[PDB]
Amino acid sequence: XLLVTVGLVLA
Amino acid sequence: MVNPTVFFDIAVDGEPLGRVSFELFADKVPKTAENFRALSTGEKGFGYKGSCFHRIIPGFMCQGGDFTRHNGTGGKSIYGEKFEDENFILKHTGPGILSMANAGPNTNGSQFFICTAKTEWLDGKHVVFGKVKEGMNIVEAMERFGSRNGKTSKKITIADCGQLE
């Protein structure tokens, strides 16, 4: 997808 | 009081591209703005200088700030490892917005992203704390090296950074 994470980047 | 202005000088595979300056909203999110300001001057002994933009997705954003693991999983704040979500008063309204990356509620470190489009789905989950003041053309040029999955085709680094005002 379109997320902005730190560690487990999701779709 | 005046909001601080910080700058990053961007390089592509060691070749200087240009300067992007940001205004930080210290009047609305003082704690989050201060963290970014101190990380840009390197005054605590660590910071953004020499780090890279590890994930760039055209039409979405450019993400950076991992000065520790240097791989997208690290970084830390000037307050320790992580800090709380200060407030969500500001929204991801359009290109140029500066916001914090995280791993859920109250997990702010040093990673941040520059929006290249309005991203309303992030509102209330990511703390917005500044905006590109000058050099949005450099951000657009950066976007050119990203991809749908985020991997960049050239190494984009923060060659230098500091505070202007």
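The alphabet sets the chain names here, A first, running in the order the sequence lines are given. Numbering, chain A: per the PDB entry, residues 1-11 in sequence. The residues of chain B that appear here are 1-165 by the PDB entry count, in order. Lab note: mod. residues written as parent/X, extra atoms skipped in contact count. Values below: every heavy atom of this structure, side chains too, minus hydrogens, waters and symmetry copies. Recorded method for this deposit: X-ray crystallography, 1.9 Å.
- As PDB records put it, the drug at chain A is ciclosporin.
- In this PDB structure, UniProt names the chief binding partner of ciclosporin (chain A) as Peptidyl-prolyl cis-trans isomerase A, N-terminally processed.
- The dominant UniProt domain at the interface of chain B with ciclosporin (chain A) is PPIase cyclophilin-type.
- The deposit names the source of chain B as Homo sapiens.
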